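Working notes for the structure below.
Lettering of chains follows the sequences in order, A, B, ..., and the numbering in each one begins at 1. Header says: X-ray crystallography, 2.8 Å. Readers should note that the entry appears only in part, and the reported contacts come from within that part. One-based numbering, in listed order, for ligands and for the atoms of each. Hydrogens, waters and symmetry mates are skipped; everything else that's a heavy atom, side chains included, is used.
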Amino acid sequence: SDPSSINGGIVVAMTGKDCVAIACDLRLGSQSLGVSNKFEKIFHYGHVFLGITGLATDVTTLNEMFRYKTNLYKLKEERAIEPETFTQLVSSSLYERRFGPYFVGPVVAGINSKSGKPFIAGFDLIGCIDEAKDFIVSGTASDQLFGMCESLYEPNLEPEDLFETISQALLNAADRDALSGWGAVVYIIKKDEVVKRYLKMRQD
Amino acid sequence: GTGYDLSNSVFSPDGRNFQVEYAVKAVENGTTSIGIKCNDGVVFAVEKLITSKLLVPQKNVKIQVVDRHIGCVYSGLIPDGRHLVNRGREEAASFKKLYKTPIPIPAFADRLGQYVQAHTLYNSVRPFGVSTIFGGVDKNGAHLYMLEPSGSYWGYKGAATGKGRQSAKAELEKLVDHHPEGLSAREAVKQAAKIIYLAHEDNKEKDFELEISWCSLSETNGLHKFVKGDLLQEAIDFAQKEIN
Amino acid sequence: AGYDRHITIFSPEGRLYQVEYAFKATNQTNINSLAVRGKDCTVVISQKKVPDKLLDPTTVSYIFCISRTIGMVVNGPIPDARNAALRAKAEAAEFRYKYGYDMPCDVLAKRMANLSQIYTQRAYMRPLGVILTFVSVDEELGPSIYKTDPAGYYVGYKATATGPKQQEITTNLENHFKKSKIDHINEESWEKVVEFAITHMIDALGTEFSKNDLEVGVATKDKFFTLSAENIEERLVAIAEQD
Amino acid sequence: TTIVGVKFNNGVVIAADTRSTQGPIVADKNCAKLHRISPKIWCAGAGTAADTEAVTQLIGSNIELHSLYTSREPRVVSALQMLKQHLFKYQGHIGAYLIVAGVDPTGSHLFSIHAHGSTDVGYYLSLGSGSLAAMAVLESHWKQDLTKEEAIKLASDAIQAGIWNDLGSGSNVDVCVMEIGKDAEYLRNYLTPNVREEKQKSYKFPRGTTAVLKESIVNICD
Amino acid sequence: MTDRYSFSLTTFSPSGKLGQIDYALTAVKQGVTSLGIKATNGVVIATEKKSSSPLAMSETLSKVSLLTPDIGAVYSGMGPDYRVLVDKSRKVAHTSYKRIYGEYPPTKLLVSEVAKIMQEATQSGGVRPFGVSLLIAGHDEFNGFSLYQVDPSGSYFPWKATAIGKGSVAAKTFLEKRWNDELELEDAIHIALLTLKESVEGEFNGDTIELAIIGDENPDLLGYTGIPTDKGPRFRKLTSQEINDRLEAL
Amino acid sequence: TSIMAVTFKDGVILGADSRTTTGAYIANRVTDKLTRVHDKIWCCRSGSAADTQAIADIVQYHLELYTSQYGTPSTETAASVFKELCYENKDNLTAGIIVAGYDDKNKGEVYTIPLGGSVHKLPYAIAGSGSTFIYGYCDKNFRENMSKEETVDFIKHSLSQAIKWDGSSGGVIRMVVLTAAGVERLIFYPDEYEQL
Amino acid sequence: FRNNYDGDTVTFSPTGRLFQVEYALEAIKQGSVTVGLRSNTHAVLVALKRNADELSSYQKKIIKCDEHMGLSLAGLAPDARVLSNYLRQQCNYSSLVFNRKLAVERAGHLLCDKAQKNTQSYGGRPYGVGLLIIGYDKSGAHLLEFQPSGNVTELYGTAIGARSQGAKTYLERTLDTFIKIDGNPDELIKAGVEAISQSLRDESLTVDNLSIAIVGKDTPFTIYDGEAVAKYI
Amino acid sequence: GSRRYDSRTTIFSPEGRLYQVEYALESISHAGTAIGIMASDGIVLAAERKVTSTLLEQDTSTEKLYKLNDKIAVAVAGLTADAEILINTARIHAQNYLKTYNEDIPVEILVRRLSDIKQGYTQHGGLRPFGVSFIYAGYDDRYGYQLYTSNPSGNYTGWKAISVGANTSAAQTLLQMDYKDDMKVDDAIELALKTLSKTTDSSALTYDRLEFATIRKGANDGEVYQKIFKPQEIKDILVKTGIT
Ligand SMILES: *[B]([O])([O])[C]([C][C]([C])[C])[N]C(=O)[C]([C]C1=[C][C]=[C][C]=[C]1)[N]C(=O)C1=[C]N=[C][C]=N1
Ligand SMILES: *[B]([O])([O])[C]([C][C]([C])[C])[N]C(=O)[C]([C]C1=[C][C]=[C][C]=[C]1)[N]C(=O)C1=[C]N=[C][C]=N1
């Protein structure tokens, strides 16, 4: 019934000291039936990362769309799109379908290559931009995520610490949601490098 | 160079539009028709050349009504005239439908004007082959107009077009001078029949048939009506008499 | 090849003959006009010639009331002038509807210039053989005069003139401003500005005018109107009692 | 949401809270409900966030183009006509409720527009779920001939009525002052009466607390 | 009615020439000279306000136009063509960029858009090419300051300095001599004023000349305060006075 | 909403309350329901604020273009335009409109256009939720050719009664007098009409 | 001259002529003669059918529009079919929507307007066929002559096509006579045949070569061919 | 009407040739020469900038070498503006393909498409053809390195080495003289410079008049890399190859 509760899933992003992190669960189900445990919800175009929760078919379609758009962008602009600019492209792209929206909950994370400033943002299904300085949550366990984040979080965490924090936020929120879990992946982003780690969690 | 006269919307070096000017030639080659504005209305009349005895008399009517208060007569390519009245009739219905009040003659005139002028803007169409005399009674008086193939039109005291436009224009100028107080509906009707009999000399070879119509605030109640029977015969006589 | 003179495409010299010929059409009516700016009004004077005796003098005009505030005088054939008028009226009415305020004289001028620029570039549209002078007392710019041509060109003037004897009127007016050193008739009443206008219209043309030889339009704060034969006479008399 | 508009002796001021909600959950604790249509014509929006932002930028964009085309400063009545005819066109489906204010060649103005397309004029206005708390304050303290400072206080207090008494409103207060002869001044977070108290403990985890299955470096460069 | 001119009005001649574009360039040649010079911290574009009558108000006619707060244009050729091109340019900068990425397009892209509009009027049915050549100058975060030229064909190229119109050849030559990669904005303005002098017949002052620059941000020209990331437009038209003050150190 | 237009000896007067509501909340208490569609042709709006505003703006645009071309329009013409919009779009509008105008040849005229989109020319007309409560009063107290003072009094009493009983009506009573003399705006406050 | 102004109907010649239209009229003259005449009770159409070879048929020249209307053609058959079909619809729309038979005079007006549209626009061509329409309506018997220029005229009698001038003179002479052949169709038809023979020359009207149509007071427009017209040869 | 001014861009000559295509080609022949040479370990694209000046900003310039995909690029000869129209649609067809199949578009499929667009302007529409000729240099996992060419007619073919623009006959003879199936990208680079160097219509052959690009699969990686040479880079390779 609710296109946003058929497949399930979560994504969360946090800002730390000279870094940003974005994570997602790996479940893809059809109501009660778990179907895939390798459905990652985080993609990236250049150094800009985007996680998408919601109806899986749209999550896929949007990714294909942004790859398409960021490609033409790079060809014309002769440079890689930045977090801030992309956020705008996501928002305008979503509102374009104002009365027949994609049932997704986008999340943008990245470091501005020129200013080196960490950046994260969330959007509703029709494009409204939520640019937070601390964290963004999305998915079927967003209440739980809000709870975890609102407590566990603290400013200027170092990459190694931010990792522990975002991982615990995701993991414990997912374990209270029937439609999330089945594996998780976390991205720690820094100006220079990006590390990707798969977490160990309950498989029920 | 040359060729400036083969396409309709083309300006010749002297700023003219030859196709329109050629259309006029078609108008001058037509029957003569007139319009006489009077103290509370307007009268219309036209010459109808009797090509043969086979033509049913009084049948092939030429004068046309638009809405219920406007009269239209023209010289030149007859079919083009009907086409213009049809447009005017739609033009009028449209106006009444939105504003409720029947269309003012000045407003109606611009409608025909804008439309005719339109046919001098593209090479994909031909200018109208007629000059139209039309008018009627409205909220503030009577109005008489004459529209040329160029889309040009003005309000007149009297107007004529066609073969004998000069004879008519001459007779009309007299009336204007000798009647500063304004002719009357009844008088204009006879006067008209005369201008037509006189202007017929520029075509004295073929026999004709006269046609008159009028729109007077007092004689017809502001409605356009054709002159028939007695009133018509009385005018034919007044003419046939002064023609000698 | 030689068709570069029938439709609006470039001639080898980079010229557009149809636009040039359209300019020729603007003098066909053999009428002159001029506009000057008062202290708080704008005036436009134009020769009125009624040849045929069978005409109804009251319907022979080349001045138009575009909107409650915009007035427009045309130099060119009446059918093209009316086409331009109807459009300008429509454009002015719509602008008010969409933007909530009255279309400014200069803006309507630009709008019409652009429309004319198009007949200049598109082959199926012929240019209109007219020159449009727009006047009013803009709520932001004050007394205003803007004129457009068949080339789609348009600019604002301190004062201007159009017609066969345009040059004489212009140089006349030029001289007056070189003298007065200001860019407008320093008069409080529009009646004197109308008089100034008619006066110079006479000097430059070397002709005397009767009440039925002229046509006058006046633009003031929130209103543009045209004078009557009698309103004009009252004007003619006044000037008479000075010469 | 609580948004208000208050006219003062030489201009107009608008304020708004900073909370965004989805059901009973606070989505954004500091969003910006104050939008710029042109330099001196600002708008306060309530209703559907995406909608208020979108309609505000669209009209803003057209207003910019109209300004360039007419070589004139934009007028508030123009932003008001474009906005209202757009909303009307969409029979209320675009959930935008706006308080549009500003100064232009013709003076200072204050209007409001509802999603269906109707507009209203007044010296003081409010819209949103906080609308009733705000209006109670306005109807109780407004007076004609307010000074810029009095207006800021009145407008700011009205928003506070919303923040404290309306669950749909909260966090901070944003204000924007538009005075007849000066630049419009936008005061983001003019008031921040809801700072979170220091937490009772730090939840910084000892590194290694999280079990990792696999790890790898991600390729950004092309 | 209905435009039945759905075929090209610009076609290939046996020699391989495209007559209408050639003629359009010829129209551009007759135009009043206009120029542009790129400095290390700015760009300057300037032209002559060839008043077509002393009764006309030269102010009401700007040849230098702002397209975006960091981009301006100037031309040589048919003014009316330029005017409608500026309207389209300003609109395309919104419809095709601001309304999508929430920021004004960078100079090369906007120029690219304009060039496209002109290319179309070179091949579409029923039209003649535009009779103008534009010089567009702007600045953007990742590309810095830039100067371009767009011709009636739709072709465009970047310049350190150049001139178009009536005395372009002579002007281009004078610029090659004075240009270097260390010029400061004032230096370029100065050189611009010197170059334009050789092209102006009559009066040469801040009322007969129109000059604009693309330089630093003008927070004073913004109209409001409160948004740290908004520092004002880099485009600025010089005042009749500002010009005269410099003509004195000519 | 309580609105009415009455024709009298010297022309015609329009009156209305100033309340717009959203359920039981008074969205606007100082609303101006007397809208000008031309110098001497005004209207009274009832029903949907958005609908009537949109309709009014369109009629205004039409009459302005009408004037530009054919001079001042008759009051009958203004009613025709309102009707054309209201009738042709009956399915998507909730607008109860009263059209009143002053002509020199016709003096004052009143045309009422109710929901359906039908037109009705009358000596006087009343509409809006509060009008139901004053049908008796108005029918008993109206006389033709009253004086401006008598008319202003008739409107003032009628509306204060409408405002008294109808919760959708309230605030101030506004009036607009249309005569050869010109246009006059009248406003009456609660403290006055409440004790009539 | 002419050669530079006869390219299409949209062009006026320096004297104000529309050659394309004139050329169309020429197709009519090259068409087989047909005659039309009426009294006050009836209207008759006598048409000489033309055959290609002696192995061919004598192409039909009479079409029925309604029970009270019909016409004879001279010129491009396809154009007559187009115009007759248009008339059939107008005659039909009148009955369906207004339960009223279309006045002959009004049908002439419709044809004129349809023809006119093809003489003012680019790309089209004028119609190349002449038509004689007869009918009996609420105002009696009627005869109409249609010209591609768009000119439609009401007459007592007339003829169009090759040598049509013979018959036309005969009728303009026999006028006072046939106009009074009321209540007697066979007499009107005979007068119709004596008129059409005034334009003969090649051969003599035969049985499969003659075609006649009649309509009036109490006679729904009907067509007679061959045997049925033998008693008139 | 309009017919009068219709050039009829898409008709056959009595000899069965396409006038406009022929003249467009004649146009292309005056364009700066572009060369494409395919080696075993990569592809080389070189082009001579037509018309330059002391003030032309070469650093920010691009007029003959454009990136279509991350594996495909083109060399242009003709109207730059016409070329850009085609290039953009080209870049779009690529992304569409990528979004549909989640695989980069095979080089020929992209070339056939663009060539099809060109062919269209040849058979219907009444519009002039694009005055452009392309040299496509790309790589895909089905045919490895490929080199193609397309012209106004909409015809295309594959090559080991080829040129477009001015003096093609001269340049083609030189290539067909020193080319060898086992060449290496560095050999190709040198051959390319030599050819241009001998077919130039200018004095010497400086870097400010050149555009250079290579599509190689850098051994220390395993992927395909496009490199549009920077002025300085072209100046260097110019010295080494002994042209200083
Ligand atoms: B306020 O109440 O107007 C407030 C502020 C907004 C207009 C800037 N409204 C909201 O925050 C809305 C409430 C709403 C919920 C559901 C349907 C319609 C309106 N919330 C949002 O717009 C929103 C945006 N993104 C994420 C979550 N919620
Ligand atoms: B009155 O009742 O007509 C009144 C005033 C309006 C015509 C200017 N109507 C309204 O205020 C309507 C609702 C209504 C109440 C009673 C009878 C008929 C209609 N309200 C609104 O239009 C409204 C409310 N809030 C915001 C916008 N619009």
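The name recorded for the drug at ligand 2 is bortezomib (bound form).
Going by UniProt, the chain with the most contacts to bortezomib (bound form, ligand 2) here is Proteasome subunit beta type-1. The chains other than those of the drug that have a heavy atom under 4.0 Å from bortezomib (bound form, ligand 2) are D, F. In this entry, the covalent bond from bortezomib (bound form, ligand 2) runs to F/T1 OG1. In chain F, the UniProt-annotated active-site residue lying closest to bortezomib (bound form, ligand 2), at the minimum heavy-atom distance rounded to 1 Å, is F/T1, 1 Å. The entry refers to chain D by the name Proteasome component PUP1.
Residues with a heavy atom within 4.0 Å of bortezomib (bound form, ligand 2): D/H114, D/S118, F/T1, F/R19, F/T20, F/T21, F/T22, F/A27, F/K33, F/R45, F/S46, F/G47, F/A49, F/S168.
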